[PDB]
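The structure appears below as structure tokens.
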Amino acid sequence: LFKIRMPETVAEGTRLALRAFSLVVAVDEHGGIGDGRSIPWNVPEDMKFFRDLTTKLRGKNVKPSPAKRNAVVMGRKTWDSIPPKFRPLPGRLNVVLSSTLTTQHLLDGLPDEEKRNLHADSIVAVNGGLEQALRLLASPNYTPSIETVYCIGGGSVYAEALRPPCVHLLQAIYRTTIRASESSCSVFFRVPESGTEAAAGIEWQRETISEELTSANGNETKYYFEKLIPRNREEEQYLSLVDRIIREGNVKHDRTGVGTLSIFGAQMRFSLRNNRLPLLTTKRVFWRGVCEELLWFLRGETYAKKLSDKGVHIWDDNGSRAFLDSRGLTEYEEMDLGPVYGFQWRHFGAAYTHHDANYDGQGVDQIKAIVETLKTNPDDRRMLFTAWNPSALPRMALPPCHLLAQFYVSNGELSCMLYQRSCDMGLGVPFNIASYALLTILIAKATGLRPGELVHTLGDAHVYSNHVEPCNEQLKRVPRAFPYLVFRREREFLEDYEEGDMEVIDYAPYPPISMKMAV
Amino acid sequence: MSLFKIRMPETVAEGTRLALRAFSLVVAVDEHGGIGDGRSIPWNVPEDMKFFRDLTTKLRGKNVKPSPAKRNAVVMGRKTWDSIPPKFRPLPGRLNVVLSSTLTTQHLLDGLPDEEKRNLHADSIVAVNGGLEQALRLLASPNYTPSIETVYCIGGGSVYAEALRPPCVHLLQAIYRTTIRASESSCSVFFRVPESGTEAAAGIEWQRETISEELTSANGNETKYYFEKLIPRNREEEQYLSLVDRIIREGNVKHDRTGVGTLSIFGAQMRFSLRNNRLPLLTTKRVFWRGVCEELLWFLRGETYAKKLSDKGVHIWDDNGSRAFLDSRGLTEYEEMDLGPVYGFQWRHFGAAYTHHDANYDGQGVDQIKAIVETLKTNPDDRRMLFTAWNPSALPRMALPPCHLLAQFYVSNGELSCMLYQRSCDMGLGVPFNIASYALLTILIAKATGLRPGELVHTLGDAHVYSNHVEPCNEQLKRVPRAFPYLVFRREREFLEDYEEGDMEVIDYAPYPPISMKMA
Ligand SMILES: CC1(C)N=C(N)N=C(N)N1c1ccc(Cl)cc1
Ligand SMILES: CC1(C)N=C(N)N=C(N)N1c1ccc(Cl)cc1
């Protein structure tokens, strides 16, 4: 009665259409890959690179299991090129594209039966092209069990990977160039050039390129590596702003001695279409905290212990007996933050006593109101909620930072604008971009709409002084493609969603910033 | 109300006093840029002389002849004044300001042919012991501003040079240059407009608003000549025009329940400088400043009775205050024009229970404006200095929810900046109005807190162009924005709530004329 009931279209608006993937290829100085899939210029260093890349999982501790492993999609001819005795490629799900062969067919091609069953799990045939394979890998059985998908070969498989719609799911291209001169490469590999129609809006850029290396295979073969990624202009908005703040921001010092460089007034835009999730890649975002806290906000929770008991300690400091008493909130039990955030969202203006009270039906439930409006009159220009309540600020452990959000609808897509008065560019902003992206996605799922864009307006945007050096280190990283968000299951009510109901896939953030802590 | 009211500080006027008055420049050059072989001018092109005469003499809005209460001023070097035949001195219908380090105003008078002439022109002549800068400073005084409509620098290689470099060049609103094809007339002093991107231009980008076709003088040598009007590119107004254009070309079309159509985009942001008295009133379409000012003052006093506005000829709330509209909102108990706890009420009495507009609300609710004013004076770096009228609890009781619903302040180097959040923005008439309102508010708050006006950042939520405004808006998009006007205060007050529209004046506002055709 007080909860928000999810429509029957709850799962259809965010169903992953195609799984994201990477492409791995070896070419010669002329762009040629080979004829019917040749390899006579076999460079042991490349084979090992290929093996490590496609087999290893990110979790530097995890070993490939049917529950968590990488996938390799290949054309039939590529599968045939593999010595029958060495099929399938171990430690990976072998997805073979074929319009004649079948899963059993591929299986029997393998000699001994001891493995004709030990690998019955590691092989699957797809009657179609790359797109169908990615569509299949997008199903519950493979996503998220499959950590990363690698398109490994076939001139026709690469060509489909490099054109729409598949290219929009291409996270990276790993190209090895063997400087061996052979003409036995009837087909060439071409990465769409920046700004051309074939590129379909994507700007391919090298993240890395090695120096010229020499093989230890006797031929002294010259070869080098390249990692190409689709330029992420959205994350560059955030980096450009950080750099501008450090270069031109005003330095200020807290009454406690804390310093910051800052600018006033900025705005950034992020797409939420097709399951895209704007989790910054140049520095890992604590997604689990983001998700737990957001759900916490939606349920109009005010007791920080619920978050603390989940390993999310972002409210510890402002939830202690000391801090609370410093605010004159002596009757508040520790971790009881008062009518903050989510409380104003679901109960704007409701009198607060203790987090223990039952606030059902109290105050103005702005979220419920926006949900109903979105479903009946999406063009309404008053669809916004705020936590900024001058009358309740004194009763809060702390005044809200992200205090206002407005929704907008166009062509069945739901867009959201968030206003944040104070923005810690280092830790907070990436976190908050994630929260509202998640919020927008959930609201879309509650209103029969598709997630659109997240607009982020910043007031006082700052970088802490003793964050400058580590921030400069991060500013050196070229943003990678964003990950995607999928839901394992749905719920009857919005307030019933749990962090375990959704999963973030294909998130490959850069390593932690080496903030030389000592030594 | 005294303690209920906001007392202004002793520096109230200090950081708002006009330092230098804006001005235009008119000059004639030969095909090489030379203005004169030294001090003389071997070319008397009749048509140029007339243009100069008309341009510097006329006022805006025809049918208004110059008078000591409203006229333009011409600023010239001493040698230029001397080049004028004593009989035509001073140039009629204009305040003649002469730069001289040796001649006083009386000395200038003594130079007129007779006494009668001196008494008749004593009020139209003034000497200033200094350069153009000192003249612009004097012209910024209460005696001359707003009295003098437009200031025109009219000559002297020395005066032009000073006009074209900082600090004076930042007050130059337009350059009117006449180019004449002089034959073998090699001069010495060259008039050159600083190129875009050069150190000399000081960040200003001079562009042609207009350029005439090549003309032929009726004089004796049929001298060829042409005119140009150059203005400092206004990137700030271009923000607005670019957004409008993008909305028309790419916005989403929508029609409400009434059948009212709009094109819209979601999420935008613009910036406007308020430094050194600059007021961002759009020039490509005249803005109703008196209405902006009366309403803003009305907001600040925490008013809710629209009749106070309509009685002053400001009818922007008539439709939303009518018995019929109030009743459509279920506000049947409200007196007509009593809007309920809207805007200013929430600004000065957030959360207070509302009955009627004539009730006494002193001390009730949270006075957000007063709190911010105090914080700005003692802890300017605080990051919680913002006020809002978006009160979900009171919305049902309002004639309608607020459009500009939140504003945050920021301080840097003694400069006050303000960010405004507007959920719904009518680009055609509403946005220019709003930009001016918050520019005014920021300036007033700056004056009440011992700070200098800084920047106004405007965040737009749903930004739309009405379907009925498309064609006219397209006409407006043709126009190249002109330099913005300025705001000056003719008097100060003891309290913020005491300010009246007549205490301030917009000067040097030169908007384009109404857009051709009607119906929409
Ligand atoms: C080892 C090789 C040639 N090298 C790269 N860079 N990429 C591939 N996809 N390869 C490849 C791997 C397996 C198969 Cl079956 C075919 C080609
Ligand atoms: C008429 C003339 C030559 N023409 C232009 N364009 N500008 C001036 N400033 N002029 C001018 C006017 C008066 C004086 Cl005393 C000197 C020059």
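By convention here, the chains are lettered A, B, ... following the listed order of sequence lines. All chain A residue numbers match the PDB entry; in order, they span 3-521. Using the PDB entry numbers, chain B covers 1-520, in order. One-based numbering, in listed order, for ligands and for the atoms of each. FYI, side chains are in, hydrogens and waters are out, and symmetry mates aren't considered; it's all heavy atoms of this structure.
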PDB drug name, ligand 2: cycloguanil
Partner of cycloguanil (ligand 2) with most atom pairs under 4.5 Å, per UniProt: Bifunctional dihydrofolate reductase-thymidylate synthase
Other chains near cycloguanil (ligand 2), heavy atoms under 4.0 Å: B
Top protein contact for atom 4 (N) of cycloguanil (ligand 2), by heavy-atom distance: B/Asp48 OD2, 2.7 Å
B/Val26 and cycloguanil (ligand 2) - part of the residue with a heavy-atom distance under 4.0 Å: both
UniProt NADP(+)-binding residues of chain B with a heavy atom under 4.0 Å from cycloguanil (ligand 2): B/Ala28, B/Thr80, B/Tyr160
B/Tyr160 heavy atom under 4.0 Å from cycloguanil (ligand 2): yes
Covalent attachment point, cycloguanil (ligand 2): none
Dominant UniProt domain of chain B around cycloguanil (ligand 2): dhfr
Heavy atom of the protein closest to atom 9 (N) of cycloguanil (ligand 2) (residue, atom name, distance): B/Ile154 O, 2.7 Å
Atoms of cycloguanil (ligand 2) close to B/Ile84 [distance to a heavy atom under 4.0 angstrom, numbered from 1]: 15 (Cl)
Sub-4.0 Å atoms of cycloguanil (ligand 2) with respect to non-hydrogen atoms of B/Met49: 1 (C)
Shared residues: UniProt dUMP site in chain B vs. heavy atoms under 4.0 Å from cycloguanil (ligand 2): none
Closest protein heavy atom to atom 15 (Cl) of cycloguanil (ligand 2), given as residue, atom name and distance to 0.1 Å: B/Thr80 CG2, 3.3 Å
Nearest neighbour in protein (non-hydrogen) for atom 10 (N) of cycloguanil (ligand 2): B/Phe52 CD1, 3.9 Å
Heavy-atom contacts of cycloguanil (ligand 2) within 4.0 Å: B/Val26, B/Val27, B/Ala28, B/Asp48, B/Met49, B/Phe52, B/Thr80, B/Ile84, B/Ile154, B/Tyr160, B/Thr178
